[PDB]
Amino acid sequence: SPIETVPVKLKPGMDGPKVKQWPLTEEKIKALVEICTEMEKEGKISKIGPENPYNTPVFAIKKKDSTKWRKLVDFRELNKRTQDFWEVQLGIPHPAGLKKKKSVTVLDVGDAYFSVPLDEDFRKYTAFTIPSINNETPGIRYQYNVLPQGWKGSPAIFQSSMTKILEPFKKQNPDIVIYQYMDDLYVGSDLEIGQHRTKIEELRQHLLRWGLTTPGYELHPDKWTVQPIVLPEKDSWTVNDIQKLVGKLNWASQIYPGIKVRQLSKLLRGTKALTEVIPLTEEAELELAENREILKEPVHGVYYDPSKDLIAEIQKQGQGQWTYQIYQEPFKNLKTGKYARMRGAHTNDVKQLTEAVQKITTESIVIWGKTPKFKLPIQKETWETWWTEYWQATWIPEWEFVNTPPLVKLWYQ
Amino acid sequence: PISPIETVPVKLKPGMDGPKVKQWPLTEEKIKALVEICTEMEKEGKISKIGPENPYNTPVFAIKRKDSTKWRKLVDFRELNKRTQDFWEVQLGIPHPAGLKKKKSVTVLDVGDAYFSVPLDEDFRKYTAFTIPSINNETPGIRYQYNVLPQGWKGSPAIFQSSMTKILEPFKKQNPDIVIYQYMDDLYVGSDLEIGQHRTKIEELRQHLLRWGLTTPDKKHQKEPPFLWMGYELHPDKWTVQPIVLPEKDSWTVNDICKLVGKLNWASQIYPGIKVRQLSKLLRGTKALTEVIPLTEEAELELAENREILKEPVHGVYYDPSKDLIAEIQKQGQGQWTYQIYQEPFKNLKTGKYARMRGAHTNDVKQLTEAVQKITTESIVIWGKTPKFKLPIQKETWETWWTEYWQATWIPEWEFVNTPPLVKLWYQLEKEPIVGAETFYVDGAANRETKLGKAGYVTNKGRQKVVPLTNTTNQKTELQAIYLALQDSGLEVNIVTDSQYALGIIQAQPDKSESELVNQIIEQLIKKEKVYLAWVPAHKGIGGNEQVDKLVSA
DNA sequence: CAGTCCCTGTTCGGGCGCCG
DNA sequence: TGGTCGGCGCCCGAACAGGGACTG
Ligand SMILES: C[C@H](Cn1cnc2c(N)ncnc21)OCP(=O)(O)OP(=O)(O)OP(=O)(O)O
Ligand SMILES: [Mg+2]
Ligand SMILES: [Mg+2]
């Protein structure tokens, strides 16, 4: 039975994942269970017991009014422990050709990894447990025999095979760039939606009569600018009205070591009435339009070092106003932007915050070949409570929570 | 007897050996019963004698059960446990009577010599070696080892629950319409069958179990309403907890207070409005759980109030999936809250409290959401659903806080319940300077190594002040300072600051803090009819800034 | 930069309750 | 005399953590 289940090992002296399963919904467990039932009747998973001390949380989520549930596992804690197996030994070359792509299209193919018997000596790590409503029964467990979706190695071990599956359509359309992250596969071109879409329809007929099966959806992150750090446009300035533009530009200075202060700082050297109006002199009045130019001139100190992880910061402004700060170093913002609620029914805070973590992450991948490490503006318990509700990316960025006051939002606001 | 189910494979922590501790002496009473048990166990095959060739041994003992001529043979496998591999606990929590749906027929079975029916893997047995002492203190104690899950071993629980499911699996699979709440060896079998047809299925189950090595002797509740299950009393249309007696005593020690709060916490699932903040608070000074502690008035009371609630009899109803799930919360004062989850008014399924003070500077809306959280999670756990809420907070007060809070906060579908105390922001902050208002430039500081420091302000209409603080710190000053600029101002003020530690605390509209100073800063803020607080960078010489620091920098 | 302070969050463990 | 195990809840302290403010 000459198959080729590549061996895999965890980094030096590092135990496997041992995280607890978290509460699900009737609707989610009924699905997660109808799924596993099938997944096992085809030996992709195998019931296992207490003796296996590793665990990973899991659940499902619906997608695109397709009303088709899809399992998902938070392998994050594993991917961090599954050795450089996917880093130092099997990396992925930055296909920067994507950034520029007129029209990219994301397509989930991982539904194929389920055809690649996984190293048995490692399966014991893919352990996950389904729970019961009101706790009527103990946790039914499982393991993986094939490749686990949403895992780091899972796309790696397979890319060797993928590539070859692509040479036909990939050598006959070299213009198009094709990238693979986790379970998803990105296809960037330049043709107009009329034909560009009709072409993706061909990649399909190629991949289905080759095994794979995949059930606006497009993207062009570059065809949308980083929105600059704008300033006010008034013709009368109060004491605080100024003290603001000051303190703001004071910190907005670290993003530009060259940004004038004194000319607008001079205007007050005594305890003045905040309400008091005190227009400006032509020099400081020229500064407002000068320091104002440095805010159209892209920062200088940015180098995408793949050697470190992309962090990210986010702000909650007003009426669906959220902002991006993707950076690897403090003040060294490699890229920023925003996300507002669309002309559809109004959603809530968290539903958005999440969408505003998926979008920022989707870009992040196309622009750097990886995902950030979001610093979140929500309360853990709150986040951990509803997030799984409004998610649909078949991956999961790492994240942390931070509670920090604003006025430092004035800058992106 | 003993079951044919597949034994579970067990290893030891890499490079470790078995236990070898000696049998610390036991009474002549226990021994009389251990040898009485072992004889039966050995005769039955649950254990076997062992000779010199077995180099291990662990100490054992026995306990008496509630109203039982019966003893419980235990083993002090504390040592082995460490040396044993670790498992993944399969039990994820506990069932709640208020999650059971109303059934037409209910039964409760309890497997006998549960653990002792499931085999222990052939190779691990060597370690389960123990010795039964001789009382005439002569004959070398008899040595045996386990052939079934020994009581007190780190893994038996997970193995038993695991095997149990595996055993029930086929039955469950062929009788999908029959519910079977299993918890260890306890089985609650629910059905929507008539007495007749259900009692037949309850028989088939029993036989299947027996056939699979599991006995269901008559400790089997039948036309037993009220059934005794999980520490409750299950009646045809209501359920309730069992007699939950508190201790009435003279002087209280710490473990006493522990027991009290423990039980009270346990009663809070059905008896509404139990509260423990003051009784617990009485346990901050870490000490001997034998050390006598004096009760505070604020606790003496809440004890007695509680003690009262526990007198009126109460109960809860079962779940009806065809109806909506409602949960209402009420403010019980000083951080505490109480809630109940019902479906039909006054007939609630469960009740509960929330008294965690997350933070050092928060308000009652922060807490109110902290609770809506707990109640969702919890409610999902039991019903796998999320409640519709009824809240003591204006449908506006809310649209105010979230639309103005820097953090995304959320509440599920909910409606207002005008049933005060009501929840509300005790004050707001003008987010725009206030005309004709003495604008105060405030600041302060203190010396790192020395004792004191100080803080003060200045006005835009000509006014100066400063105060000599003591043992303060870089932060204890900015605040201590904004404190004066309040009393030393009036209905309308405009304070300015360069510190963020203080602008941050205050911008959250906090109405409750751990520090006395903060509270005073709030109290005052409530009295004013207009206040504004803007921030400006420290040590960047800004109009009005430097003067203040000077007056203090000394 | 360090070397510290404050300050605020978070995790972990322990004690008790309840269940088997 | 007392002494065991697993799950979950509560509460408390201890131990970390991370920022901002100063100082060397
Ligand atoms: C061993 C299992 C769980 N268990 C119950 N109590 C304990 C304890 N104190 N220590 C360890 N495990 C415990 O007991 C189930 P239990 O029902 O309490 O006892 P049993 O051995 O099944 O015998 P019987 O049916 O006649 O009542
Ligand atoms: Mg029993
Ligand atoms: Mg200051």
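Each chain gets a letter, A, B and so on, in the order the sequences are listed, and its residues count up from 1. Because only heavy atoms are used, hydrogens play no part in the values below, and waters and symmetry mates are left out as well, while side chains stay in. Header lists the method as X-ray crystallography, 3.0 Å. Numbering of ligands and ligand atoms starts at 1, following listing order.
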Enquirer: Which partner chain accounts for the most atom contacts with ligand 1, named as in the PDB entry?
Expert: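 It sits in most contact with HIV-1 reverse transcriptase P66 subunit.
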Enquirer: Just wondering what drug sits at ligand 1.
Expert: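 The name is tenofovir diphosphate.
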Enquirer: What are the letters of the other chains with a heavy atom below 4.0 Å from tenofovir diphosphate (ligand 1)?
Expert: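 Based on heavy atoms, that gives B, C, D.
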Enquirer: Show which residues surround tenofovir diphosphate (ligand 1) within 4.0 Å on heavy-atom distance.
Expert: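 Residues with a heavy atom in range: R65(B), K70(B), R72(B), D110(B), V111(B), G112(B), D113(B), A114(B), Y115(B), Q151(B), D185(B), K219(B), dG20(C), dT4(D), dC5(D).
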Enquirer: Is there any other ligand or ion under 4.0 Å from tenofovir diphosphate (ligand 1), and what is it?
Expert: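 Under 4.0 Å: ligand 2 (magnesium ion).
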Enquirer: What's the entry got as the organism for chain B?
Expert: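 In the entry, the organism is Human immunodeficiency virus type 1.
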